[PDB]
Every structure is written in C-alpha cells, then in structure tokens.
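Record below includes aminosalicylic acid.
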There are 2 protein chains.
Amino acid sequence: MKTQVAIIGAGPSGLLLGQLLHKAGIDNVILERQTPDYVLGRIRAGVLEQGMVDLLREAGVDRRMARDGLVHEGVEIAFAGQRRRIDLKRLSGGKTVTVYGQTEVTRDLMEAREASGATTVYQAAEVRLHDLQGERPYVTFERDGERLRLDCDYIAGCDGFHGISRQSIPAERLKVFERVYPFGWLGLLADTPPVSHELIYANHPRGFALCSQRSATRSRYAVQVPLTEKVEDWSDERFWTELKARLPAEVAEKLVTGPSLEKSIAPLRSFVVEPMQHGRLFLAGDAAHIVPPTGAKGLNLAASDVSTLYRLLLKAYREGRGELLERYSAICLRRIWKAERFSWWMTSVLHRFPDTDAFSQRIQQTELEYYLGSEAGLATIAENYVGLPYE
Amino acid sequence: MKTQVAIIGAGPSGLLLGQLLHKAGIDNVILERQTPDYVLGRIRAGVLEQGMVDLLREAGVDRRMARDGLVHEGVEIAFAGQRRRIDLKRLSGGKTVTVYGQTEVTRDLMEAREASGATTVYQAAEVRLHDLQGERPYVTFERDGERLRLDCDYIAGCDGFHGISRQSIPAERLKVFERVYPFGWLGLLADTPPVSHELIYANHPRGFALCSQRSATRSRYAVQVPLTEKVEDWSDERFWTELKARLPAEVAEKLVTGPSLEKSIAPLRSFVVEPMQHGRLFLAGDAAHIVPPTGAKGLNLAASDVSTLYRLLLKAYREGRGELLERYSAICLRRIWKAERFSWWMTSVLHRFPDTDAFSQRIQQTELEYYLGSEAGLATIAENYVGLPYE
Ligand SMILES: Cc1cc2nc3c(=O)[nH]c(=O)nc-3n(C[C@H](O)[C@H](O)[C@H](O)COP(=O)(O)OP(=O)(O)OC[C@H]3O[C@@H](n4cnc5c(N)ncnc54)[C@H](O)[C@@H]3O)c2cc1C
Ligand SMILES: Cc1cc2nc3c(=O)[nH]c(=O)nc-3n(C[C@H](O)[C@H](O)[C@H](O)COP(=O)(O)OP(=O)(O)OC[C@H]3O[C@@H](n4cnc5c(N)ncnc54)[C@H](O)[C@@H]3O)c2cc1C
Ligand SMILES: Nc1ccc(C(=O)O)c(O)c1
Ligand SMILES: Nc1ccc(C(=O)O)c(O)c1
C-alpha cells in the first residue's frame with residue numbers, strides 16, 4: 001500500500017494531524033499498535049489552550065466541544081492557609097482556557113476519522129521505519145501474521161514516549177535533555193460533583209493536591225505521592241482522606257466524595273530531544289518531549305507541534321515548498337522550551353521535595369507570595385497558563 | 001556614660017540610624033571596633049534604591065549625593081550574543097535607581113555626625129552586651145586599657161555579619177536559614193571611564209561579568225571566580241583579559257582599561273536569622289541577613305531595616321508606644337524575604353554553576369529568554385530591581 005504521509009500512533013497527535021491533512025487533500029494512513037478501546041481507556045489531560053480549541057475547530061471536529069467543554073477564566077492556588085485566585089481573562093489580555101477531557105478529544109477525532117473513510121490500521125504490530133533519508137522511505141508492520149509494506153513520502157512519529165520513531169533516528173544525531181522528579185501523581189476520576197467551578201492547585205506540607213473537573217457531575221483529582229507507591233495500596237477511602245488533609249478546610253468540607261472510575265500513578269519527568277526530525281521522519285507530541293503535568297502543557301504542545309507539521313506539509317505538497325520542512329524543529333523547539341520552563345516552575349513551587357533545607361522552603365513559599373501578590377507576577381503565570389501565542 | 005540608644009558598628013547602618021535619631025532628639029552613642037580610615041577603605045556597593053535616596057535626604061545628608069550620584073533609568077543583561085536593555089523608569093511605573101558609592105555614603109554620614117557633635121567611640125575594643133532582657137541593659141568595651149560601661153535603654157546591633165550582637169542572642173532563640181554559593185566575585189575599582197552609561201550584567205560560559213561605574217572617570221568591574229582563587233593570583237592584566245573574554249565584542253572593544261585602585265574577592269552567600277531581636281537588642285543590616293551581591297540588595301536592606309527601627313523608636317520615645325517595637329522583626333522580614341528571593345533568582349540566571357547538566361543549562365538560558373522577552377517578565381525584574389515599596 002502507498003500513501004503520502006504515514007502516521008505512527010493514533011493518540012490525539014496522530015488523529016489531529018491525520019484529520020487536518022485529510023481535510024486539505026493530503027492522504028495519510030495511521031498505524032496504531034493497540035485497539036480503539038485501549039486508546040480510549042486513557043484518562044490523562046483535561047485542560048486545553050485557546051490555540052488547540054481553535055485547531056480543533058479547524059480540524060472540523062468541535063461540535064461536541066463547543067457544547068460540553070467548559071470555558072474557565074481563572075484558577076486558584078492554595079498555600080499556607082490562603083487561597084489565591086488568578087483571573088486569567090484580564091491578566092492575559094482576554095484569553096481563557098477550555099476544560100474538556102483528553103479521552104473526549106480522542107473519541108471525537110476518532111469518530112470524525114472513521115466517517116471520513118480515511119485509512120486507520122489498528123493492531124499494527126512490530127512497526128519498523130526504513131529509508132528515512134531516501135526519497136521513498138517505507139514502513140513495515142504485521143497485521144495478524146503478514147508483514148505488510150507501506151510506501152510514503154513522509155513519516156510522522158506520533159507514537160508517544162515509548163514509540164518506535166525516536167529509536168529509529170541514529171542516537172549520535174539526537175541530543176537528549178532530561179529531568180526525573182522524585183515523585184509522581186496518583187490520579188483519580190470519579191462521578192461526583194466537583195468541589196469548585198474553577199481548578200484548585202494546592203501546595204501543602206504533605207504534598208501537592210489538585211482539584212479538577214470533567215463536567216458538572218464528574219471530577220478529576222490528583223495528589224503527589226512517592227515513586228515507591230503502588231496504586232493497589234491506595235484504597236478510595238485512603239485517597240479522599242489524603243485529599244481532604246491537603247486542602248483548605250473550607251474546601252475539604254464541601255467535597256462530595258465517591259467511588260473511583262479510574263485511578264493510576266503517573267511519574268513526573270521533563271524530556272526534550274534535539275532536533276525533532278531525521279530525513280523524512282518528523283517527531284510530534286510525546287515522541288519528542290515530555291513535560292511534568294503540573295502546567296497542563298503536554299497535550300497542548302502535541303497540538304502546537306502538529307499545527308506546525310500540518311502547515312509545513314501543506315506548503316510542501318500544495319506549494320511545492322519542501323524546503324520549509326527543514327525549519328520544523330527550530331519553530332517547535334522555541335515553544336517547547338518556553339513551556340518546559342513554565343511547567344518546571346509550576347512543579348517546583350507547588351510540590352514538596354524530599355531533602356530540602358530551610359532556605360529553599362522559605363524561597364518556595366516566597367516565590368508563591370511574590371508571584372500571587374505582584375500584578376506583574378500574576379501576569380507571567382496567566383500568559384503562560386492560557387498558553388503563549390503560536391509562531 | 002549613659003545614653004538612650006547604644007549603636008554597635010559605624011557602618012552605613014549605624015551612621016544612618018544614629019543620624020536619623022540624633023535629628024529627632026533621641027540621643028545615641030556609636031561604638032566602632034575599627035578606625036575611620038579602615039571603614040572608609042571598604043568599596044562594596046554602588047547601587048541605591050529610591051527609598052534609600054529619600055532616607056538620606058531625610059537624614060539631611062544629601063547635598064553631595066544630589067550632585068555626584070547618577071540617576072539611571074535602565075540596565076542591560078547580556079547573554080548568548082545578545083544585549084537586552086531593561087527600561088526601569090517605564091516598567092516600574094516611573095522609578096529609577098541612583099548610583100553612588102557606599103564609601104561616599106559612609107564619608108558623607110561620617111562628616112555629618114562629626115559636625116553634629118554626637119558621640120562616636122572609634123577603636124572600641126572587646127564590646128560586650130549585658131542585661132538584654134532587663135529594663136537597663138548595658139554595654140562594656142575597652143578604650144585603650146580601661147573597661148568602660150555604657151548604660152542605655154536600647155541597643156541596635158549594626159555590627160555586620162561577624163559582629164558581636166548576633167552572637168549575644170541565645171542560639172536556641174534564633175532560627176538560621178543559609179545558602180553558600182560555590183563562587184565569589186573578584187571586584188575591581190579603577191580610575192578609567194566606564195564602558196557604558198548604564199550597568200551591564202553579563203552571563204557568559206566562562207562565568208558572570210559586571211560593568212559598573214562610580215562616576216564618569218571611575219569604573220567598578222567584577223567577574224565571578226571560584227572560591228579557591230586568591231586575589232594575589234589575579235594581576236590587573238589577567239583581570240582585563242578575563243573581563244574582555246566574558247563581554248559582548250562590541251563592548252569589549254570600547255573598554256578603556258587601566259591600573260586598579262582596589263581589588264578583592266567577596267564570597268557569595270544568602271543568610272537570614274529569625275527573629276531579628278532579643279529583649280532590648282534589635283539587629284539591623286548585615287548583622288541579621290546577607291544577600292548575594294547580584295541583586296544589589298545588601299546596602300538597600302540595611303537602609304530599610306534602619307528606616308523601620310528609627311520609626312518604631314520615634315513612636316516609643318516620642319509617643320510612649322514602646323509596644324510597637326515588638327512588631328520590628330515581622331515588618332522587616334517581609335521585605336527581607338522578598339529581596340532574598342530576587343537576589344537568589346538574579347544569581348541563578350546570570351552565574352555559571354559547576355556540575356550542571358544539560359536540562360538546567362537550557363532552563364537558565366530560557367529563564368533569561370522568557371523574562372527579557374515578556375512584558376510581564378521585564379516588569380518583575382524592574383519593580384524588584386528599583387526596589388519594592390517600604391511598608
Ligand atoms: C503516562 C502518561 C500520563 C499522562 N498523564 C497526563 C496527565 O495526568 N495530565 C496531563 O495534562 N497530561 C498527561 N499526559 C500528557 C498527555 O496525555 C500527552 O502529552 C498526550 O497524550 C500525548 O499525545 P501523543 O499523541 O503525543 O501521545 P499518546 O497519547 O501517548 O499517543 C501515542 C500513540 O502511540 C501509539 N503507539 C505507541 N508505540 C507504537 C508503535 N511502535 N507503533 C504503533 N503505535 C504505537 C500508542 O498506543 C498511542 O496511541 C500524560 C502522558 C503520559 C505518557
Ligand atoms: C565582605 C562584604 C562585601 C560586600 N560587598 C558587596 C559588594 O561587592 N556589592 C554590594 O552591593 N554589596 C556588598 N556588600 C553588602 C554591603 O556592603 C553591606 O550590605 C553593607 O555594608 C552592610 O552595612 P552594615 O552597616 O549592615 O554592615 P557593615 O558595612 O559591615 O558595617 C558593620 C560595622 O560593624 C563594625 N564592627 C564589627 N564588629 C564589631 C564589634 N564587635 N564591635 C564594634 N564594631 C564592630 C564593623 O567594623 C563595621 O563598621 C558586602 C558586604 C560584605 C560583608
Ligand atoms: N495540571 C493539570 C490540570 C488539569 C488536569 C486534569 O486532568 O483535569 C491535569 O491532569 C493536570
Ligand atoms: N549588583 C551590583 C551592582 C553594582 C555594584 C557596584 O559596585 O557598582 C555592585 O557591587 C553589585
């Protein structure tokens with residue numbers, strides 16, 4: 001089989017790129033190792049920048065989002081007794097963010113694709129990339145027991161952190177930057193009303209706590225836990241008690257608890273690979289970089305990467321300007337580093353780190369006091385939070 | 001001998017407090033271990049916040065300053081090839097800073113005092129504080145070979161980092177926060193024209209470099225060096241070569257070099273003691289806290305401490321409200337922590353740290369890129385730099 005752009009991975013990166021390209025006339029084929037259910041089993045993100053909200057409307061897949069996604073104009077940071085709200089809409093110059101589950105976005109895009117009739121091969125085993133530097137690179141995979149071959153012009157590595165794309169680029173060509181945090185987040189999804197109309201990021205001596213929502217009858221919560229904790233050790237009861245212990249008393253007593261729908265511990269990490277391409281292979285989303293979830297930048301960076309890749313391929317196919325595709329990494333890395341710096345900051349001022357002396361405790365505390373107190377400080381949180389502009 | 005407020009140390013803290021109090025009718029006595037020449041031999045600071053510029057005018061010692069001090073409306077940060085200017089006057093809402101040597105300030109205040117006829121005992125040896133919690137505390141010292149006794153109501157510990165005041169408060173009463181940096185600054189004063197009309201803070205792979213001035217025919221420079229470097233190893237020649245190597249080529253070739261008047265290596269440190277008082281003893285300036293010089297906050301925090309101590313003693317003596325003097329530490333520590341956080345930040349984004357991995361290099365670089373590029377970011381540097389308001 002032949003195609004123009006072969007897409008590895010059917011996560012939101014791949015589905016979004018595949019959807020945008022299809023709509024532009026560029027035929028693409030998606031290869032996914034798992035089944036649609038497995039992909040839809042992932043809870044992950046819930047906060048979307050205005051830029052992605054527009055990319056979806058552009059991909060033509062926004063009906064449901066316009067209806068169910070929630071527009072927010074502020075967040076709340078809670079520390080040392082106090083709860084401080086950040087008015088995003090006025091501090092950013094009118095921008096806001098939309099809360100809409102990642103699982104929903106995937107579900108929508110997945111519906112959109114199936115109806116379009118565009119090719120999607122789920123259960124594609126042992127995918128291998130070949131001739132990345134030639135004019136005709138190709139992909140081999142197994143469907144059942146038959147090794148098939150797919151010829152294409154370009155390959156988009158949207159297969160996430162442990163995908164095959166990044167491992168296909170010769171090591172000596174990529175320079176890796178990485179930071180592993182000594183903690184993870186134990187997340188939880190539950191069919192209960194959220195405790196707040198806006199999100200609450202809480203710094204507490206016992207660790208970080210997050211109060212989020214997916215809808216008016218569905219909440220998403222998380223608490224920082226050591227990397228040594230196994231999820232089967234945290235009963236629902238244990239979670240809510242721990243959650244209540246880390247929140248402001250006035251919030252903890254408004255909390256409507258309930259049985260969990262999903263629970264899992266995600267480890268924290270920062271990871272950037274430079275550059276993000278090799279010959280005719282271009283990396284996007286988690287295949288190239290990882291940011292700790294504290295800043296909600298993961299899904300959002302995948303969308304911006306994809307937005308840039310889509311727009312550079314339109315020009316190459318449509319305007320014959322394949323030279324522009326060399327600019328890909330440079331354009332993406334500028335955003336990527338800014339977002340990695342903001343995600344890192346958010347993480348360091350809201351989380352409790354082990355083995356921290358008195359001076360750093362006081363500085364973390366003061367970082368919060370200064371930033372939530374200054375008008376200039378709040379603005380840096382706001383403009384970064386709603387997401388910096390696309391270049 | 002008796003007095004109302006005994007002042008230990010004749011540095012700018014002591015002289016300023018002593019001058020303000022004298023003018024208010026409150027009699028004070030200053031005790032200095034060294035000689036006036038030794039004190040005037042110290043080069044130290046050169047940048048003053050508007051708040052101190054006003055405190056001096058209030059202490060009535062500003063004629064010379066109004067004439068020789070230089071008002072600046074911007075600074076320049078130079079990194080990775082580029083040189084970015086920060087317009088302080090518009091980003092802070094009209095504030096600026098004054099460049100005027102610390103040695104000058106001391107010299108002025110010292111002239112003012114001698115003419116006032118107020119008591120100053122230079123060469124006061126082996127000073128000891130007694131009865132700090134009684135109603136009549138006292139100070140003993142030796143002048144030549146005679147141990148004299150000074151009775152007073154209150155004692156102001158303005159004796160700097162290694163003074164006797166802080167060691168007089170029972171250890172179990174103070175909680176100490178401290179950070180020692182793995183480097184120091186090798187400073188240099190020279191009778192040459194400065195290379196810039198505004199200061200230049202430079203981040204370079206070889207380390208930090210600073211271009212400052214004391215006047216139109218006098219410059220002050222500094223370069224970050226390891227803690228293992230002895231000043232006698234750095235000839236003047238060696239300094240300028242090193243300085244030129246760390247600056248932008250366009251600046252390095254405008255540099256007018258020359259023989260040094262002064263040279264010395266000052267180690268970097270962050271230090272805060274809580275609280276800043278014990279009974280009838282109140283700590284001020286370096287006696288209580290140390291900030292790395294990167295943010296120019298040292299002399300400025302001494303002035304604000306002194307401003308608060310002076311104003312709380314006016315109320316006690318003048319209005320009989322000695323209860324207010326309990327509020328001293330709390331008022332001072334708020335400013336102190338904000339300034340310690342800003343000085344720490346400045347230090348971490350302009351200095352080269354040993355044993356730093358790739359990720360942190362990129363973050364330091366991006367911290368600079370984001371802050372010098374955002375309008376909100378530049379404002380946080382500006383408002384902090386010109387100095388936050390006095391409470
Ligand atoms: C474990 C994890 C937890 C996260 N949790 C959060 C969170 O709590 N909150 C938040 O804000 N962000 C979170 N994120 C980030 C966010 O979910 C991601 O940034 C976003 O899902 C990435 O989209 P993607 O398309 O780049 O990758 P993914 O969602 O990982 O999709 C990648 C696709 O690659 C497919 N695939 C993998 N290898 C192969 C292969 N060799 N061949 C074929 N197909 C392959 C995968 O099955 C998957 O469909 C999380 C990310 C991870 C990895
Ligand atoms: C080594 C050093 C270098 C510095 N360099 C810089 C710099 O390069 N740039 C910058 O911006 N800031 C610098 N500073 C900070 C700035 O110079 C200080 O913040 C400011 O001088 C402190 O004023 P002070 O009155 O609190 O202390 P000081 O200037 O230290 O004055 C304290 C006084 O205490 C007297 N004394 C000490 N012990 C006794 C005693 N037991 N009895 C009697 N008298 C005593 C001392 O002789 C001195 O006169 C430096 C500080 C230090 C300590
Ligand atoms: N930082 C954030 C904010 C919201 C969510 C969420 O799942 O709602 C998250 O996973 C991380
Ligand atoms: N950070 C700064 C700025 C100026 C001076 C100076 O001496 O001129 C300094 O010592 C430190």
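Each chain gets a letter, A, B and so on, in the order its sequence line appears, and its residues count up from 1. Counting starts at 1 for both ligands and their atoms, following the listed order.
Looking across the whole structure, one can locate aminosalicylic acid at ligands 3 and 4. In the deposited model, the macromolecule with the most close contacts to aminosalicylic acid (ligand 4) is named by UniProt as p-hydroxybenzoate hydroxylase. Other chains in heavy-atom range of aminosalicylic acid (ligand 4) (under 4.0 Å): B.
The 4.0 Å heavy-atom shell around aminosalicylic acid (ligand 4) contains B/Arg44, B/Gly46, B/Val47, B/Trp185, B/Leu199, B/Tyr201, B/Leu210, B/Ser212, B/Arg214, B/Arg220, B/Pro293, B/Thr294, B/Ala296. In chain B, the residues that UniProt lists as binding FAD and that have a heavy atom under 4.0 Å from aminosalicylic acid (ligand 4) are these: B/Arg44, B/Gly46, B/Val47. Note: other ligands/ions under 4.0 Å from aminosalicylic acid (ligand 4) - ligand 2 (flavin-adenine dinucleotide).
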